[PDB]
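Shown here: imatinib bound to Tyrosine-protein kinase Lck.
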Amino acid sequence: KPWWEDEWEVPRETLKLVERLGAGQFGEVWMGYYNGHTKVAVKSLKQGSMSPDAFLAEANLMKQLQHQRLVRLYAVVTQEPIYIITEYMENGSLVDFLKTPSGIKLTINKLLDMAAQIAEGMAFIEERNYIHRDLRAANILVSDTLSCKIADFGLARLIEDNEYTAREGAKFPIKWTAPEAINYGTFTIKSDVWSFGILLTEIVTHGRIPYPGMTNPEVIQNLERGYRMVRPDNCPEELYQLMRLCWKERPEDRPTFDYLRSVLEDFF
Ligand SMILES: Cc1ccc(NC(=O)c2ccc(CN3CCN(C)CC3)cc2)cc1Nc1nccc(-c2cccnc2)n1
């Protein structure tokens with residue numbers, strides 16, 4: 001099928017990829033320019049590491065799950081080497097942006113609005129009957145207008161295994177993962193709600209790492225004891241209490257992203 005019949009497919013020629021943001025054991029991620037006028041992020045598949053159709057499976061969801069609060073698919077190149085292209089965000093990821101001087105200037109009101117947007121897109125993902133699995137500030141992109149786009153960069157499969165590790169379990173961010181996911185490998189949307197609560201502490205603490213003063217092993221040990229993160233300084237007790245709802249022990253007792261979105265929106 002001709003590429004101009006499609007809304008996504010573009011001739012590889014339209015792409016001048018310039019910098020290698022991050023390569024792994026399934027392909028690289030470059031920054032480059034589409035027809036010279038737009039800068040874009042380009043995910044490429046390396047041959048052999050996986051099915052061409054398995055790579056495209058992602059691109060395909062992105063077509064189907066378009067939404068203002070999701071990172072929007074920009075273009076795709078199907079032939080090998082395969083590219084998935086989105087647009088580049090000069091503000092970067094939420095966790096990065098928060099630590100910038102302009103990020104640190106953000107008001108609690110603006111922070112809460114971004115949280116609301118993140119909840120909003122998660123609510124859409126829930127509504128479309130998917131989950132995220134790695135919902136945290138590192139997979140959130142900040143737009144030019146300072147709104148938040150939910151991304152999934154495949155952060156986990158992006159790290160190369162070393163001589164010292166041989167886990168054949170699951171891969172997940174210890175400090176963001178609900179205990180039922182840690183213990184029983186059961187990841188659900190309610191599992192993402194947990195992550196969202198931890199994400200909230202990142203938002204309200206300039207992108208600070210969760211569970212300050214605890215190693216990932218320590219974190220898991222304390223989770224077994226029912227331990228919950230301490231309310232970040234200056235973080236409003238009400239917001240914290242909202243976090244505590246995201247960290248209910250039983251996943252079904254945790255709010256929905258709709259409720260989260262709602263509470264967040266009319267918070268002030
Ligand atoms: C180049 C690319 C290719 C694919 C994607 N895809 C996604 O971001 C994504 C988002 C949501 C889902 C939904 N998914 C449903 C299933 N569950 C299990 C997970 C979530 C899937 C993929 C993004 C990008 N964009 C991207 N990638 C890496 C870095 C950047 C980037 C851009 C600007 C500034 N800095 C970094 N941008």
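We number each residue from 1, following the sequence as shown. For ligands, and for the atoms within them, numbers begin at 1 and follow the listed sequence. Keep in mind that the numbers below use all heavy atoms, side chains included, and drop hydrogens, waters and symmetry copies.
Residues of other chains with a heavy atom under 4.0 Å from imatinib (ligand 1): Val29, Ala41, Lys43, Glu58, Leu61, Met62, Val71, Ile84, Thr86, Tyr88, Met89, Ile131, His132, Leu141, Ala151, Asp152, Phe153. Counting only non-hydrogen atoms and rounding to 1 Å, the UniProt active-site residue of chain A nearest imatinib (ligand 1) is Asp134, 6 Å. Counting per UniProt domain, chain A has the most residues touching imatinib (ligand 1) in Protein kinase.
The PDB header gives the source organism of chain A as Homo sapiens. Per UniProt's ATP-binding annotation of chain A, a non-hydrogen atom lies under 4.0 Å from imatinib (ligand 1) in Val29, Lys43.
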